[PDB]
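Opening notes on dihydrotestosterone bound to 17-beta-hydroxysteroid dehydrogenase type 1.
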Protein chains: 2
Amino acid sequence: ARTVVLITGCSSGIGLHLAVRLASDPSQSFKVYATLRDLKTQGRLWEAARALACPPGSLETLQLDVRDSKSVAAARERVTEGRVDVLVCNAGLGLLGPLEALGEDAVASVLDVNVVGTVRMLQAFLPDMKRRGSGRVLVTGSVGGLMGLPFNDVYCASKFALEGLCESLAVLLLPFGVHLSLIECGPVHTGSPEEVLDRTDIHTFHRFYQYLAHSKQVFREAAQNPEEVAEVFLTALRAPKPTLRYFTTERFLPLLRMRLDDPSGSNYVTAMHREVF
Amino acid sequence: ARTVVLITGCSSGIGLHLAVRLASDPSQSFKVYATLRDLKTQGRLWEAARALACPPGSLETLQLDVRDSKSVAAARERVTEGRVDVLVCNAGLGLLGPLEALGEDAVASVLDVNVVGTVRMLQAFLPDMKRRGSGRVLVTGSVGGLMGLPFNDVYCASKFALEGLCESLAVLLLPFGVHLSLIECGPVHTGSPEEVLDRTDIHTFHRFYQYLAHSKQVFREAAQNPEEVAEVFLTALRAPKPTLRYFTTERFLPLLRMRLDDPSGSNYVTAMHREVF
Ligand SMILES: C[C@]12CCC(=O)C[C@@H]1CC[C@@H]1[C@@H]2CC[C@]2(C)[C@@H](O)CC[C@@H]12
Ligand SMILES: C[C@]12CCC(=O)C[C@@H]1CC[C@@H]1[C@@H]2CC[C@]2(C)[C@@H](O)CC[C@@H]12
């Protein structure tokens with residue numbers, strides 16, 4: 001009857017706002033499983049759910065740790081309807097800093113949550129979709145998945161990885177009737193200094209500050225409401241033939257095109273260096 | 001005096017051929033540390049070294065496991081010259097199959113060797129390069145880093161990740177005088193069926209066969225000599241101002257451009273589906 005949606009990473013941000021947008025939809029078309037790594041963070045989702053007056057039974061929370069394939073399987077068994085019509089792979093971690101200041105565990109964690117975590121969800125959920133010959137997968141992407149950003153080396157690695165993962169899968173899934181799309185987000189309004197200085201050189205440290213200053217100004221001028229981003233997920237959801245990629249904004253497309261039409265990377269690296277520094 | 005080169009993944013392929021090309025250079029400009037995960041595989045490198053008559057002391061082998069930051073640090077201490085002029089990040093794993101048939105450990109291993117392994121090398125070696133204000137980093141890339149290939153979902157994820165990692169770093173390293181370049185390789189002439197069938201559906205299994213058939217024909221028609229690929233690394237090495245990206249072939253550039261100029265991904269996914277299936 002209803003469209004069953006399971007969303008990862010609902011404790012804040014896009015995931016939180018998408019979950020309550022869908023559950024509160026005036027048409028009541030959606031049953032939403034909002035999943036979270038730590039149940040102690042669920043308060044914010046329930047406060048938003050109340051604000052939007054989600055009908056009882058339109059929204060349920062599950063604990064799901066995308067690092068643990070047992071946790072993934074336990075949450076899938078909790079989908080009482082026995083299918084997922086829309087899977088939204090949104091859990092993700094950022095990681096910001098000079099590459100040599102990043103702990104090895106932090107690097108592996110970002111990769112595990114952002115890439116392997118999405119692999120675990122797709123392994124768990126794609127089979128029943130392929131069998132039914134139907135289902136929609138939406139994956140939260142980033143501008144940092146489409147072009148490299150300084151001091152985001154590992155975050156960008158992880159978001160570029162989701163691009164390759166999803167594009168590869170889409171080439172195969174086409175004749176199966178299962179549609180996968182990336183939702184490419186720019187900024188969204190959702191170590192300490194001594195720590196970082198201890199792990200890098202003064203010149204890199206200064207470039208980091210410059211990057212942070214520029215980033216803050218891009219964010220204050222350009223950040224989108226998660227309400228507006230969530231509606232782009234909805235657009236993808238309802239598209240009779242969805243495309244592989246949706247963009248939540250036109251903002252970064254000129255930078256992207258400059259990347260796109262000089263494959264040597266020389267124009268992009270130059271332009272981004274000037275843009276930031 | 002000599003240009004000190006440390007290359008990862010020298011047991012076969014590009015890494016093996018690049019190592020002996022450099023060590024055997026008639027000019028004797030290069031001292032090469034060819035590194036390998038398992039020393040039992042070093043025979044092939046030494047057979048090639050003899051064939052090309054590398055002078056004694058032009059080539060040394062080190063054991064290096066890019067999964068282990070202690071192994072990385074132990075090999076760096078073995079660079080008797082106390083600097084690395086050229087770091088070649090080439091170790092890599094493939095992974096081929098229906099996504100749901102891939103073991104979780106195999107997925108994590110590919111990511112660890114191909115992405116985190118390269119992060120470990122850059123963390124270990126970039127600091128002294130930035131300090132000197134000089135050094136060249138060359139990273140073995142792939143066509144699968146630039147466009148998604150069906151049944152290579154995790155391999156492509158890993159090779160897309162190297163793109164984001166390197167591009168992000170290049171934006172920063174520009175004013176430091178340290179130059180990083182990807183060398184984008186097409187095919188290079190360097191589970192059992194019951195296993196895979198047990199882990200997927202018959203229809204995906206059949207698409208896998210089709211992909212393998214097409215792949216084999218692309219390889220037989222298009223595979224390059226690693227001798228020819230190694231010379232593209234040399235070109236990058238010697239370029240007074242290197243670009244971010246070198247391509248070893250023009251072959252896949254029409255497919256890439258079609259990807260590049262439809263950001264929605266719709267033309268690429270369609271064209272690649274038709275190309276393979
Ligand atoms: C990381 C930031 C800033 C913080 C964030 O939420 C993600 C966002 C993605 C767009 C980036 C931006 C930093 C400034 C950049 C790099 C602009 O120059 C162009 C794209 C911007
Ligand atoms: C994985 C393969 C085949 C095996 C290999 O060594 C890597 C190589 C990269 C180019 C791929 C190719 C498979 C066939 C493809 C997908 C062609 O259609 C275009 C690019 C090709």
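Letters go in sequence order (proteins before strands), and every chain restarts at 1. Remember, it's 1-based here, ligands and their atoms both numbered in the order they're listed. Keep in mind that the numbers below use all heavy atoms, side chains included, and drop hydrogens, waters and symmetry copies. Per the header of the entry, the method used was X-ray crystallography, 1.7 Å.
With a cut-off of 4.0 Å on heavy atoms, the other chains touching dihydrotestosterone (ligand 1) are A. In this structure, the protein non-hydrogen atom closest to atom 10 (C) of dihydrotestosterone (ligand 1) is A/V143 CG1, 3.2 Å. Regarding atom 1 (C) of dihydrotestosterone (ligand 1), its nearest protein heavy-atom neighbour is A/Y211 OH, 3.4 Å. At the shortest separation from atom 16 (C) of dihydrotestosterone (ligand 1) among protein heavy atoms lies A/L149 CD2, 3.6 Å. Atom 7 (C) of dihydrotestosterone (ligand 1) has A/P187 CA, 4.2 Å as its closest protein atom, hydrogens excluded (heavy atom only). With respect to atom 18 (O) of dihydrotestosterone (ligand 1), the closest heavy atom belonging to the protein is A/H214 CE1, 2.7 Å. The shortest contact between atom 19 (C) of dihydrotestosterone (ligand 1) and any protein heavy atom is with A/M272 CE, 4.4 Å. The protein heavy-atom contact nearest to atom 3 (C) of dihydrotestosterone (ligand 1) is A/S215 OG, 3.2 Å. Here A/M147 has no heavy atoms under 4.0 Å from dihydrotestosterone (ligand 1), in either its backbone or its side chain. Proximity of A/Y155 to dihydrotestosterone (ligand 1), defined as any heavy-atom pair under 4.0 Å, is not found for any part of the residue. Scanning all protein heavy atoms for the shortest distance to atom 21 (C) of dihydrotestosterone (ligand 1) gives A/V218 CG1, 4.0 Å.
In chain A, the UniProt-annotated active-site residue lying closest to dihydrotestosterone (ligand 1), at the minimum heavy-atom distance rounded to 1 Å, is A/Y155, 6 Å. Residues of other chains with a heavy atom under 4.0 Å from dihydrotestosterone (ligand 1): A/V143, A/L149, A/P187, A/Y211, A/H214, A/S215, A/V218, A/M272.
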